Enquirer: 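This is the structure, below, for whatever I ask next.
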4 protein chains.
Amino acid sequence: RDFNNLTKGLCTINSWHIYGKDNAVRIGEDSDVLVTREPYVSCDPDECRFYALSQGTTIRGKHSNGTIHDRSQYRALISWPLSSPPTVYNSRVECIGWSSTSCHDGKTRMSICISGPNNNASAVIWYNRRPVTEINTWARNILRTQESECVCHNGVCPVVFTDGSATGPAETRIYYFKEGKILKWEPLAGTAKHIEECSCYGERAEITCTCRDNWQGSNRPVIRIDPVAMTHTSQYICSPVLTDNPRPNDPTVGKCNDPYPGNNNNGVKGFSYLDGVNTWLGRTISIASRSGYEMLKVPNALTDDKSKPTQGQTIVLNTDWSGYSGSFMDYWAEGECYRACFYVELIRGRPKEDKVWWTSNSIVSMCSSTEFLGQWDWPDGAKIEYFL
Amino acid sequence: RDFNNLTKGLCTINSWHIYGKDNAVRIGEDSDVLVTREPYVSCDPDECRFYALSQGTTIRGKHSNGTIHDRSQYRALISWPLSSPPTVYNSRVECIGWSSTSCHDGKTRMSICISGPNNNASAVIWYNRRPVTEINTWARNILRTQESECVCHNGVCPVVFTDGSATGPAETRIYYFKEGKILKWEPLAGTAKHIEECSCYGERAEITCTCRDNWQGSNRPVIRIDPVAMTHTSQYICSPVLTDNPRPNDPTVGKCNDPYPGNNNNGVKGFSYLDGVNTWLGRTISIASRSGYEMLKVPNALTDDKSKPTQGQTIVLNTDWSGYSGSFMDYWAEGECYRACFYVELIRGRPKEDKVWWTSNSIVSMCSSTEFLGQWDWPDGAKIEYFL
Amino acid sequence: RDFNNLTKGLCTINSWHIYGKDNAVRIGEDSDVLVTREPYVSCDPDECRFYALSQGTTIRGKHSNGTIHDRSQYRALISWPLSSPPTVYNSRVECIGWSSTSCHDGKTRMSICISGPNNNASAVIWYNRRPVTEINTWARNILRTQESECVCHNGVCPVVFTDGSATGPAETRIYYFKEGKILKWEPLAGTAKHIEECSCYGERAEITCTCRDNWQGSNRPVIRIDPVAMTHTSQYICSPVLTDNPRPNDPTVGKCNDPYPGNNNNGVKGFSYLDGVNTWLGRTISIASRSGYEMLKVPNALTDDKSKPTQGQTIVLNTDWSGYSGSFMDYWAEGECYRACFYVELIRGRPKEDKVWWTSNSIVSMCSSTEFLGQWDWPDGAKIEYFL
Amino acid sequence: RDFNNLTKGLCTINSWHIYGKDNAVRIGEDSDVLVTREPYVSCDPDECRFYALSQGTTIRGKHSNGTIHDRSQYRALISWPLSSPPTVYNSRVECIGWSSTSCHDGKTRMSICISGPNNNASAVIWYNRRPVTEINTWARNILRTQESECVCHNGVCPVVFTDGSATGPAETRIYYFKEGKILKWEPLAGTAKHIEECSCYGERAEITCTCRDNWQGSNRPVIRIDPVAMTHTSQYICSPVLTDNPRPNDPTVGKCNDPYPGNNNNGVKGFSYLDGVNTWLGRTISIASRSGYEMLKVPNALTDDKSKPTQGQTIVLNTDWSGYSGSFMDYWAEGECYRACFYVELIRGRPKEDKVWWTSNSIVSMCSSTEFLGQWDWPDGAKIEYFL
Ligand SMILES: *[C@@H]1O[C@H](CO)[C@@H](O[C@@H]2O[C@H](CO)[C@@H](O[C@@H]3O[C@H](CO[C@H]4O[C@H](CO)[C@@H](O)[C@H](O)[C@@H]4O)[C@@H](O)[C@H](O[C@H]4O[C@H](CO)[C@@H](O)[C@H](O)[C@@H]4O[C@H]4O[C@H](CO)[C@@H](O)[C@H](O)[C@@H]4O[C@H]4O[C@H](CO)[C@@H](O)[C@H](O)[C@@H]4O)[C@@H]3O)[C@H](O)[C@H]2NC(C)=O)[C@H](O)[C@H]1NC(C)=O
Ligand SMILES: *[C@@H]1O[C@H](CO)[C@@H](O[C@@H]2O[C@H](CO)[C@@H](O[C@@H]3O[C@H](CO[C@H]4O[C@H](CO)[C@@H](O)[C@H](O)[C@@H]4O)[C@@H](O)[C@H](O[C@H]4O[C@H](CO)[C@@H](O)[C@H](O)[C@@H]4O[C@H]4O[C@H](CO)[C@@H](O)[C@H](O)[C@@H]4O[C@H]4O[C@H](CO)[C@@H](O)[C@H](O)[C@@H]4O)[C@@H]3O)[C@H](O)[C@H]2NC(C)=O)[C@H](O)[C@H]1NC(C)=O
Ligand SMILES: *[C@@H]1O[C@H](CO)[C@@H](O[C@@H]2O[C@H](CO)[C@@H](O[C@@H]3O[C@H](CO[C@H]4O[C@H](CO)[C@@H](O)[C@H](O)[C@@H]4O)[C@@H](O)[C@H](O[C@H]4O[C@H](CO)[C@@H](O)[C@H](O)[C@@H]4O[C@H]4O[C@H](CO)[C@@H](O)[C@H](O)[C@@H]4O[C@H]4O[C@H](CO)[C@@H](O)[C@H](O)[C@@H]4O)[C@@H]3O)[C@H](O)[C@H]2NC(C)=O)[C@H](O)[C@H]1NC(C)=O
Ligand SMILES: *[C@@H]1O[C@H](CO)[C@@H](O[C@@H]2O[C@H](CO)[C@@H](O[C@@H]3O[C@H](CO[C@H]4O[C@H](CO)[C@@H](O)[C@H](O)[C@@H]4O)[C@@H](O)[C@H](O[C@H]4O[C@H](CO)[C@@H](O)[C@H](O)[C@@H]4O[C@H]4O[C@H](CO)[C@@H](O)[C@H](O)[C@@H]4O[C@H]4O[C@H](CO)[C@@H](O)[C@H](O)[C@@H]4O)[C@@H]3O)[C@H](O)[C@H]2NC(C)=O)[C@H](O)[C@H]1NC(C)=O
Ligand SMILES: *[C@@H]1O[C@H](CO)[C@@H](O[C@@H]2O[C@H](CO)[C@@H](O)[C@H](O)[C@H]2NC(C)=O)[C@H](O)[C@H]1NC(C)=O
Ligand SMILES: *[C@@H]1O[C@H](CO)[C@@H](O[C@@H]2O[C@H](CO)[C@@H](O)[C@H](O)[C@H]2NC(C)=O)[C@H](O)[C@H]1NC(C)=O
Ligand SMILES: CCC(CC)[C@H](NC(C)=O)[C@@H]1[C@H](O)[C@@H](C(=O)O)C[C@H]1NC(=N)N
Ligand SMILES: CCC(CC)[C@H](NC(C)=O)[C@@H]1[C@H](O)[C@@H](C(=O)O)C[C@H]1NC(=N)N
Ligand SMILES: CCC(CC)[C@H](NC(C)=O)[C@@H]1[C@H](O)[C@@H](C(=O)O)C[C@H]1NC(=N)N
Ligand SMILES: CCC(CC)[C@H](NC(C)=O)[C@@H]1[C@H](O)[C@@H](C(=O)O)C[C@H]1NC(=N)N
Ligand SMILES: [Ca+2]
Ligand SMILES: [Ca+2]
Ligand SMILES: [Ca+2]
Ligand SMILES: [Ca+2]
Ligand SMILES: [Ca+2]
């Protein structure tokens, strides 16, 4: 095998079609399904799988109580076959930790898991299913990473990490790995003022990441990385179609180089595909909570500060719970272009549904179509009342 | 690998022998078996598997309530090892949707799943386990397909779809796929007046499909496809041995080019092997409900409007529930001929057994023998009372 | 791969060492373990597995009630990894039926399953996991076979079947298969008067089978097959150490060419290794019931009508339940000789333990050692009281 | 494949990073997890797995009652995927017995299991998943072995066994196996006075084992083996940092060639990495019970009788239960040195937690880092109260 190179551009996105859905919470009501959160999807050259951070207990197990908590010693990055649920018996552990990222470079997979107490966390970088490199916390305040797949080009796989306050200036670093080893790292540059949980994709030798400004911005920061030069830039999506959550109502003009104000110290992982007129943004429908999900076609959203939608697609109704969302692509598919894909985490349980003592999620995932396909909505589908 | 070509004829069918049986409802009474319906069987060059549309819940799970419903967002095409039951832990999801078909072309497998609301459904065509092509609804009324395997010849795999009313004229199309891409499509032609759920098989470079005329006919429509010319014809099985359900009692003369009247707006997926004197038809024993199943040897059933049985075999007693049935063959077996095979869906639960709130099924499947073998009956075997 | 040839002799048996044990009934008390009976062991060139006839229900399932019954439509030959229990999720179905045999010829495996009502049963012969040949009942009275592995030599795999009364003269046939096809068959010849459930092994191009004379004999019939000439002989083990069950007490002189009288119309599957002074016989310890199990070294047991034990080994104490036993060997191991192996079925439930409504078993299996190893006893280990 | 040779030295150990953790007791509260004890980790050239002695029952099963017992007929050596829990459905049985060791030589794996009553136990040596050699008890008093991986060099895999009293002089033998056959064996020599459960690792063609002197010593015996000459030496870790348990408080001077007194007839399996200044010792934090676990850097611990710690790392808090610990390395990783790894058995249930009737454990495992990483503590995490 040779290292994969990002030689293709994105396919034209005219609509989104269903790709995978695991119905984990429904199925888990009466089967040994692990409690998870922070899911994502990632492809190898011969298979695509679902990934997530387990909580080290099943949903019906008594240890599900307290799983709203983010960072215990019982978490791990797990992967499992596309559209099956994450069960005790089919889930493969990639590494131990409570924050992760993973990607295949064309030869083998790199997986990164961070563990430890808030003031002394460390990242372990695995390559070919073996630990290769370790990185200690640099700001002693919850060293953390993407929560979705990284992207590689000619063996170089850039990864974005953050260490420091989630509600003020922090120390974000872009690491450039090759075979699990560090080639280089650099501090965040550009005009993004705070970075969290970047969702990335690659096309024509450039990696684009859409992140979460948890401090002040309701517009999303964007990091663009050149994996050959091992350099990057940062800015915000200029469009007035605001895509973080919670957020204020949409204005008529957005901000390109500063956080769009109105909501502080909160946010949600999200993503976008920024490709001129072929630009689509995801967002929750609600401006106040992680409810609903929609895709909006917003031509030149990255650079046009008055850009508005020209087409859309509802993914999850506003009467259903959503959550994190992120990008991935099958870089090893046939054809001349890369088909944009995304997943949405459908969070169930606490804190929105507090009649149960757990927090878990199911996954729904779509990929783009060049047809203009009809839309449906894709809820988690479980009845909370059954778990009481 | 090379594309498979339909170079052989059917073996002489002198009786049927047991091929597979999963006892899913019995086993599922105390194990994590998924609720399914619309099952089928399909072979790859190195393995044969059971397929079905999951309902995204186990049978003992509380989400089994309401699984008589046909088209939710929680359904998916799943496959699992021959004769094992469809469990949470052994079921592989092929695609998401509530109507499907799947077939191997000798190189890799094509799987098709349709999802969406009644007025805006779409088909996603997967090839080599990746989405390749998408087709939007053309009549905005439950775009739908076979519910059993398709058949390929030199890489061309024809598939029959229907969109429109189930109880009047509809728009049926025959699509010719190759590597998941559309080579051509054509509207139904011939004298069949309504087509649903075709069950197909191939021999000597011709594909024969036996379908369900849900509108007016109790005789079954037959579509014969030339996968090289990419053309087809349609008619009805001429025989007076009527094989849909419900249906009127058998007459002495059938109809070749029009629906045999007596029952409207209802039916059941079924199949036949139409090979001159080597012709065998399946049907429910009851004329009123999906109960029992038998195979009848009816020489020249396709073209002789007075043809009657010359031999038979009971598969399921009339005191046991049956359901959908369809054809498949192992195109990669050894020998000089293709051995005809079929499955019968054994439906349990609603609406016939309404003491339970679910609907599921188990599978029984047979293949032909050149011997004249003794017969047995093969019920689902589960006791409904145990689920109360 | 080439067909395996029986070129080696048996290793010297000086004691028996533990080979596998699944603890199925213990584990199945709280996990999804299938109810089985009539187990055996069989090796492929790269793996050895446990086999048995499932009853199509778990042990804790409500459908376990009534599993003392021998021949339902819900049975199947299943195989699973050595020493794991037969679970819903790890059990591979080989074929459907209530009587079986299976063996690997060095290239691929042949598996045979018989199904049907008592007066109309049929055998389906599978080869390379596909049905190849079918055989109809010839005496219309429970067509049946070995219940343990067959043995192959240069692709020829002889199999012993019986059809007819279990308590009087019956029609026993020896079939010679090659690639699942019938080369030849012949009626039983020699002085054995009734044959059931032969347990076979091969060495130096000769296959030896030890069977169950269910009609009159408490000594076991022996069939010796030449798989090149496709011919056989039959007689009884001459020794006065009687090895069927139930049986009368041991006399001082046995019978070579007639059934040793005392007990009629009953028996148990068993085995022996008949190799001059390297001869070892298995048997239940009790003369009245399937309780205990021991191995006895009885030099020249086949031909010496006064031969008595010169060494022994207890396998299962007389205060523990045993059941069927049979021979198998790993024909693909390293070294210059074939190591004799056997299994013992540890039956639990009915009819001996009727506080439960089911009948199942676990497996224990040993192979010979050239050392004189210490002995232990190997009970099933489950507590019936826990299942109440 | 070629036999692996121990050509590299140990990497510099500056801290320990998380490697694997299965959370088995937490997960097993509501899933079919086997009861185990005496776990370890061992790598093949393409995968690393967890190993343990099953008790042949799940933790929630009624047969979990009485699993404090060490040596039943229902135990077996099982292996399962790294960091998954040992479940009924994912656990592979390697051999049957109640004492084991296992290692890969670069070509295939050797696994050894001992079974039998106290006065008549025997070892069966498996190679390439087949039984090859058997060894009978030589002192008729619980023949027993390492309970952690063995190490191979150019196909020679030395294994340490003990037979005889656990509380006085016993007969310890070092066996040198190659392809499962005995090349040679020799009685223990040197100044170690009693040996149990050696934990071994290899580097630069030398194998170092740290053992448990159950009779008189609270310092640990050390056996150093030359696998080419097939010779060994023995002594004790000289350091005053005592690492068995229970043990007296640390003195200022230890003993090099005799047991450090204070505690008799008790101990716990443990390990060390003895590499000059790159020396790290593991031990329980408590001197009285199997509680807590810490790693201490003790330069020249093997040869310096006043050596004290210069650095440390807490693995398990003293308020959490620990248990056995042992060494393993991935001998097939990339790079120029071997990365030291270890596991800690986290024992739950009896005898410390007697509100439950079972005894089981979970596993935590770490490997060394050349960074100075922050530390966390890694408890089992299960709540005993949930099992009541
Ligand atoms: C069969 O399926 C097909 C295919 O899916 C169906 O056709 C689809 O129908 C969709 C629904 O109508 C449609 O999606 C909409 O597209 C609009 C763009 O098109 C229109 O404008 C362009 C540009 O002028 C024209 O060319 C075009 O012809 C249309 O006129 C979007 O504008 C739509 O999104 C907005 O509305 C929805 C509510 O429906 C909001 O959720 C969404 O966020 C957008 O509105 C908010 O945002 C904008 C931008 O800032 C504001 O201006 C606006 O006030 C809203 O703001 C409030 O709400 C947000 C969200 O809560 C909040 O943050 C903010 O603060 C404010 O409170 C929508 O995306 C598909 O494009 C169309 N597809 C095709 C190919 O046709 C067909 O209907 C189906 N058939 C049947 C029978 O069902
Ligand atoms: C051991 O096993 C062997 C092998 O299986 C057993 O032998 C099998 O025995 C079967 C049962 O007898 C037999 O199957 C029958 O075959 C008949 C054909 O053979 C006869 O006719 C030919 C032609 O003349 C002769 O050559 C031949 O020798 C025989 O005489 C079929 O006609 C049979 O089917 C009809 O009967 C069954 C009821 O038994 C119906 O369910 C079935 O649908 C058929 O009847 C309906 O349909 C016809 C056609 O329209 C009507 O004319 C008729 O009135 C019936 O219609 C009513 O019912 C239907 C269904 O509900 C409804 O739709 C309609 O409106 C009406 O209400 C049957 O198939 C096997 O061929 C035979 N095999 C061999 C190789 O011998 C042996 O018995 C076993 N041994 C033991 C001891 O058990
Ligand atoms: C550590 O482990 C080692 C290795 O396992 C242990 O050593 C083993 O010890 C075993 C038990 O003593 C021993 O097995 C016995 O071997 C006898 C043969 O050896 C003796 O005879 C020869 C020939 O003369 C001598 O060379 C030799 O030195 C000995 O003297 C067998 O004869 C034994 O079997 C008979 O006894 C058992 C009861 O113990 C019966 O269950 C068994 O069926 C045999 O007896 C019945 O059958 C014979 C034959 O017809 C009759 O003559 C007799 O009356 C019995 O019949 C009744 O019972 C049967 C069964 O219910 C019934 O059908 C019938 O109708 C009647 O009612 C036995 O096999 C191993 O050989 C020996 N191994 C070695 C290598 O030494 C050591 O003890 C262990 N250490 C500790 C400390 O435990
Ligand atoms: C972020 O993470 C980093 C990295 O992990 C954290 O930094 C680590 O901090 C650890 C805790 O302080 C530290 O570990 C200690 O290291 C000591 C060695 O360093 C000191 O001495 C050297 C040599 O002079 C200096 O160079 C160095 O600068 C330091 O001064 C060890 O000595 C420590 O172990 C002893 O203490 C612990 C209690 O903390 C005991 O459990 C342990 O067993 C040791 O003490 C017993 O044993 C000795 C030896 O016999 C006795 O002398 C002593 O009295 C104790 O004996 C009693 O207890 C034992 C055990 O119960 C019993 O058997 C006996 O009988 C007696 O009852 C300890 O290992 C790491 O090295 C350090 N790492 C780095 C790289 O810095 C940082 O803190 C984290 N940050 C935050 C904010 O949390
Ligand atoms: C991605 O591009 C790199 C860089 O050009 C390709 O790398 C070359 O691969 C060939 C084939 O193995 C080698 O002969 C060269 O030595 C490689 N290195 C360089 C720098 O040229 C790589 O093959 C490309 N990937 C694919 C899938 O084509
Ligand atoms: C078992 O013996 C048969 C018969 O001698 C061997 O068969 C020959 O195999 C070789 C190798 O494939 C062929 O060239 C011959 O044509 C085969 N047939 C005969 C009749 O000679 C077979 O190889 C032996 N099996 C093994 C494992 O050696
Ligand atoms: C404290 C910093 C937060 C990110 C901005 C926090 N990240 C981590 C590693 O803890 C996330 C946030 O608290 C949770 C959420 O917003 O859903 C998930 C939670 N993420 C994870 N548990 N992996
Ligand atoms: C409305 C059109 C019907 C076919 C003629 C209908 N098909 C679909 C896709 O919904 C089927 C029919 O209602 C059910 C049955 O007859 O058993 C199954 C049902 N089929 C599926 N759920 N896949
Ligand atoms: C009626 C003839 C019997 C053999 C001599 C009978 N065989 C079959 C195929 O039914 C066996 C016997 O009744 C049972 C037993 O003795 O344990 C098992 C039972 N065997 C099986 N259920 N496979
Ligand atoms: C009697 C000798 C003991 C070792 C010094 C004893 N070993 C065996 C094979 O029984 C161990 C000891 O009793 C137990 C413990 O200390 O945890 C485990 C127990 N080990 C095992 N059950 N495998
Ligand atoms: Ca924000
Ligand atoms: Ca109809
Ligand atoms: Ca359960
Ligand atoms: Ca008898
Ligand atoms: Ca000690």
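Below, chain A is the first sequence line, B the second, and so on; all start at residue 1. The basis for the numbers below is simple: all heavy atoms, side chains too, and nothing from hydrogens, waters or symmetry mates. In each ligand, atom 1 is the first atom listed, and ligand 1 is the first ligand listed. Per the header of the entry, the method used was X-ray crystallography, 1.8 Å.
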Enquirer: Report the name of the drug modeled at ligand 10.
Expert: peramivir
Enquirer: Which molecule here shares more close contacts with peramivir (ligand 10) than any other chain, as the PDB entry names it?
Expert: neuraminidase
Enquirer: Which other chains make heavy-atom contacts with peramivir (ligand 10) shorter than 4.0 Å?
Expert: D
Enquirer: Can you list, by chain and number, the residues with heavy atoms within 4.0 Å of peramivir (ligand 10)?
Expert: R37(D), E38(D), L53(D), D70(D), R71(D), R75(D), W98(D), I142(D), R144(D), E147(D), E196(D), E197(D), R212(D), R290(D), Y324(D)
Enquirer: Numbering the atoms of peramivir (ligand 10) from 1, which are under 4.0 Å from a heavy atom of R290(D)?
Expert: 15 (C), 16 (O), 17 (O)
Enquirer: Just jot down the peramivir (ligand 10) atoms closer than 4.0 angstrom to any heavy atom of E196(D), in number order.
Expert: 5 (C)
Enquirer: Please say whether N214(D) places an N or O atom under 3.5 Å from an N or O atom belonging to peramivir (ligand 10).
Expert: no
Enquirer: Geometry only, no angles: is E147(D) polar-contacting peramivir (ligand 10) at N/O separations under 3.5 Å?
Expert: yes
Enquirer: Taking only heavy atoms of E197(D), which atoms of peramivir (ligand 10) are found under 4.0 Å from at least one of them?
Expert: 4 (C), 11 (C)
Enquirer: Examine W98(D) against peramivir (ligand 10) and note whether any of their N/O atoms are separated by less than 3.5 Å.
Expert: yes
Enquirer: Does peramivir (ligand 10) come near enough to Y324(D) that some N or O of the ligand is less than 3.5 Å from an N or O of the residue?
Expert: yes
Enquirer: Go through peramivir (ligand 10) atom by atom and flag the ones less than 4.0 Å from a non-hydrogen atom of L53(D).
Expert: 23 (N)
Enquirer: Can you name the atoms of peramivir (ligand 10), numbered from 1 with element, that are less than 4.0 Å from a heavy atom of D70(D)?
Expert: 10 (O), 12 (C), 13 (O), 14 (C), 18 (C), 19 (C), 22 (N)
Enquirer: Which residues flagged by UniProt as binding Ca(2+) in chain D come closer than 4.0 Å to peramivir (ligand 10) by heavy-atom distance?
Expert: none
Enquirer: Tell me which UniProt substrate-binding residues in chain D have a heavy atom less than 4.0 Å from peramivir (ligand 10).
Expert: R37(D), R71(D), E196(D), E197(D), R212(D), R290(D)
Enquirer: Within the structure, does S99(D) bring an N/O atom to less than 3.5 angstrom of an N/O atom in peramivir (ligand 10)?
Expert: no
